[PDB]
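Structure of interest - contains FG-2216.
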Amino acid sequence: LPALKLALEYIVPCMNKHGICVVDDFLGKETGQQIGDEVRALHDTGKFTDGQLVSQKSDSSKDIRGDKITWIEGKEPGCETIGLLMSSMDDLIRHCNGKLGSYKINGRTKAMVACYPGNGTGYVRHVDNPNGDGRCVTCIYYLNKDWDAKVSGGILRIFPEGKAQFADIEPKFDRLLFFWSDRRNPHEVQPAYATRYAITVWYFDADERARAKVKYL
Ligand SMILES: O=C(O)CNC(=O)c1nc(Cl)c2ccccc2c1O
Ligand SMILES: [Mn+2]
């Protein structure tokens, strides 16, 4: 679907109502597979970090590490398609101009590609932007084909503010996710028992970012 139709008919309404929006079959199988290949290539070639230190035992050889990451600009060799995804995300947000809350998005971060090794590690409950650093929207694209949470875990659980219940999102292949980056969406990644890949970009609100530079300097 054209970025515009998706943004106007689904993304905008959903975000303003729930603060969370899931779009399946974003780029299609062919493009999705290419991004998956590039990401897997980055991993296999050692472009990722060793992973977040979860437990620091006395013996550093027993230390358990979690999610591995790598920042991607989208212009690097072998990351062309990742750049395409980023460009597609940008087009989508551009068409949401002035319709997502009262925000005015004028920029984004590079892409943060994350890999949960599948060794039982996840990500503790947290808020992406709890101190007003400018990030208003978190966008995540998943690349895990035939992912079955009942067997591999890795579910993204969001705890919507003021709502007793929570929203569980499986990291399904070619799935695109949007949610407010602030305290409205505390979330966690449940333990993953299979290699789990995701690509995240954060979009900045013009005003929040402008004044963030004042304090955080
Ligand atoms: O991957 C997911 O479904 C959800 N991931 C996250 O919420 C998440 N958040 C942050 Cl702030 C980081 C930060 C660093 C590395 C991985 C992260 C991560 O996967
Ligand atoms: Mn997060």
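Following the PDB entry, chain A residues are numbered 188-404, in order. We use all heavy atoms of the structure for the numbers below, so side chains are in, but hydrogens, waters and symmetry mates are not. Both ligands and their constituent atoms are indexed starting at 1 by order of listing.
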### Message
Just curious, which ligands or chains go with FG-2216?
### Response
ligand 1
### Query
Going by UniProt, what is the chain that binds FG-2216 with the most atom pairs under 4.5 Å called?
Egl nine homolog 1
### Message
With a heavy-atom distance limit of 4.0 Å, tell me whether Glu375 approaches FG-2216 through its side chain, its backbone, both, or neither.
### Response
neither
### Query
Which UniProt domain of chain A has the most residues touching FG-2216?
Fe2OG dioxygenase
### Task
Would you mind listing which atoms of FG-2216 come within a distance below 4.0 Å of any non-hydrogen atom of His313?
7 (O), 9 (N), 10 (C), 11 (Cl)
### Task
Report the part of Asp315 in contact with FG-2216, treating N, CA, C, O as backbone and CB onward as side chain, heavy atoms under 4.0 Å; options are side chain, backbone, both, neither.
side chain
### Query
Do any other ligands or ions come under 4.0 Å from FG-2216, and which ones?
ligand 2 (manganese (II) ion)
### Overlap: UniProt Fe cation-binding residues in chain A and residues with a heavy atom under 4.0 Å from FG-2216
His313, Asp315, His374
### Query
Among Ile327, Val300, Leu364, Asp254, which one has a heavy atom closest to atom 16 (C) of FG-2216?
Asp254
### Query
Checking heavy atoms only, which UniProt-annotated 2-oxoglutarate-binding residues of chain A fall inside 4.0 Å of FG-2216?
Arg383
### Query
Taking the non-hydrogen atoms of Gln239, is any one of them nearer than 4.0 angstrom to FG-2216?
no
### Query
With a cut-off of 4.0 Å on heavy-atom distances, which residues and nucleotides contact FG-2216?
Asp254, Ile256, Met299, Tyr303, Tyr310, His313, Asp315, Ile327, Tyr329, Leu343, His374, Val376, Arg383
Distances under 3.5 Å, N/O of FG-2216 against N/O of the protein: list each pair and its distance.
| from | atom 1 | to | atom 2 | distance (Å) |
| --- | --- | --- | --- | --- |
| FG-2216 | 1 (O) | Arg383 | NH1 | 2.8 |
| FG-2216 | 3 (O) | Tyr329 | OH | 2.6 |
| FG-2216 | 3 (O) | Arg383 | NH1 | 3.4 |
| FG-2216 | 3 (O) | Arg383 | NH2 | 2.6 |
| FG-2216 | 7 (O) | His374 | NE2 | 3.0 |
| FG-2216 | 9 (N) | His313 | NE2 | 3.2 |
| FG-2216 | 19 (O) | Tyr303 | OH | 2.6 |

